[PDB]
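Drug bound: aprotinin. Macromolecule: Chymotrypsin A.
Chain IDs: alphabetical, in sequence-line order. By the PDB entry numbering, chain A shows 1-11, 16-146, 149-245, in order. By the PDB entry numbering, chain B shows 1-58, in order.
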Amino acid sequence: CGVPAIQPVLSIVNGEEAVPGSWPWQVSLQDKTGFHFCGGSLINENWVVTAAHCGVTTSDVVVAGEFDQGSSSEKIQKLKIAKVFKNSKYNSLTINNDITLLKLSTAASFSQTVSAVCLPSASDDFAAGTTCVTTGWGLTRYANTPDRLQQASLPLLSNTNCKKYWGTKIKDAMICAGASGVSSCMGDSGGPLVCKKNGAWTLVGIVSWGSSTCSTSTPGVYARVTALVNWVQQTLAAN
Amino acid sequence: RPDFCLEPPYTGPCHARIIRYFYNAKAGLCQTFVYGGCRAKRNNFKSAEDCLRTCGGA
């Protein structure tokens, strides 16, 4: 996990186009018509982790190996969803514990453009200031979504610095990043916020919420995977 | 009809791209808008039919 067959080229509003297939775990969550409403991350061949607020259902589909959503010829994998596991602790009022697992009907065929991201340990500590990356097909300007997958490097923020803006809205299962010239935006939800752990890309956050105008000087808020990974492991173990 | 029917559509702070319907009193019909996935207001419906049954004529 966490090692793309195709290396990404570093250096979402104000982000940049990603090298095709360089973020193999990124999936597009779409309705039966092909309409992209959220992103997601493959954690293995049969499971996808996304945000709880995305409201995924078994009627929706997981699209893996995609880069250009405007290309009808591009080879991709349209995977059906067998069951949806929304974290029962998801708070629809505070948006805390914003995570959902998707169990595929048919396993994804891993390849050069389709593979899994690594999951962290509940005790992992990704220092504030650490430069991580987020990806997705969300708006690049706050309008329709970009056809090609975007990426952006951004720093993790300490809870103290995040609260300087969001105050008590920041809960324990949330981690902030950004306010650095880039921002996740409409359509990025459920997607990954990854940081390197021993060189391997590991899921530290899940795009959740933030500025209502996708301001690049405001902290972005993500579901803190370290606070939710035990729930993830348990769910996989029981299913 | 409920006054919430007269409120403009509310996307919310979450970053999803979910199609929902809201009643547009100016035009007299329910229109689509993009909902962010959380903290929806009442003028937010999953189908045009639900929206018209709740806000039609406001």
| For aprotinin, which ligands or chains should I point to, including every copy? | chain B
| request: Map the residues of chain A that contact aprotinin (chain B) to UniProt domains and give the domain with the most. | output: Peptidase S1
| query | Closest UniProt active-site residue of chain A with respect to aprotinin (chain B): which is it, and what is the heavy-atom distance to 1 Å? | reply | A/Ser195, 3 Å
| said: Please identify, among A/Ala55, A/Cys42, A/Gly226, A/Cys191, the residue contributing the most non-hydrogen atom pairs under 4.5 Å to chain B (aprotinin). | reply: A/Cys191
| query | Under a 4.5 Å heavy-atom cutoff, which of A/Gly59, A/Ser217, A/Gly193, A/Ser96 has the most pairs with chain B (aprotinin)? | reply | A/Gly193
| Highest number of heavy-atom pairs under 4.5 Å with chain B (aprotinin): which of A/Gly196, A/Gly142, A/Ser218, A/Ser190? | A/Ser190
| Which region of A/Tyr228, side chain (C-beta onward) or backbone (N, CA, C, O), has a non-hydrogen atom less than 4.5 Å from a non-hydrogen atom of chain B (aprotinin), or is it both or neither? | neither
| said: Okay, for chain A, which organism does the deposit list? | reply: Bos taurus
| Binding site of aprotinin (chain B), heavy atoms under 4.5 Å | A/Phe39, A/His40, A/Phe41, A/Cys42, A/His57, A/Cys58, A/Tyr94, A/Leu97, A/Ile99, A/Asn150, A/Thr151, A/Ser190, A/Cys191, A/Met192, A/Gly193, A/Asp194, A/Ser195, A/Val213, A/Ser214, A/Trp215, A/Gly216, A/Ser217, A/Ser218, A/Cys220
| query | By chain and residue number, which parts of aprotinin (chain B) come closer than 4.5 Å to chain A (non-hydrogen atoms)? | reply | B/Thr11, B/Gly12, B/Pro13, B/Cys14, B/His15, B/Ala16, B/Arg17, B/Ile18, B/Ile19, B/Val34, B/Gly36, B/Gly37, B/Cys38, B/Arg39
For chain B (aprotinin) against chain A, give me the donor-acceptor pairs closer than 3.5 Å, one per line with atom names and distance.
residue, atom, partner, partner atom, Å
A/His40, O, B/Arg17, NH1, 3.0
A/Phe41, O, B/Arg17, N, 2.9
A/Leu97, O, B/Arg39, NH1, 2.6
A/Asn150, OD1, B/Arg17, NH2, 2.8
A/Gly193, N, B/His15, O, 2.7
A/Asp194, N, B/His15, O, 3.3
A/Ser195, N, B/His15, O, 3.1
A/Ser195, OG, B/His15, N, 2.9
A/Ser195, OG, B/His15, O, 3.1
A/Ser195, OG, B/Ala16, N, 3.0
A/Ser214, O, B/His15, N, 3.2
A/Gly216, N, B/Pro13, O, 3.0

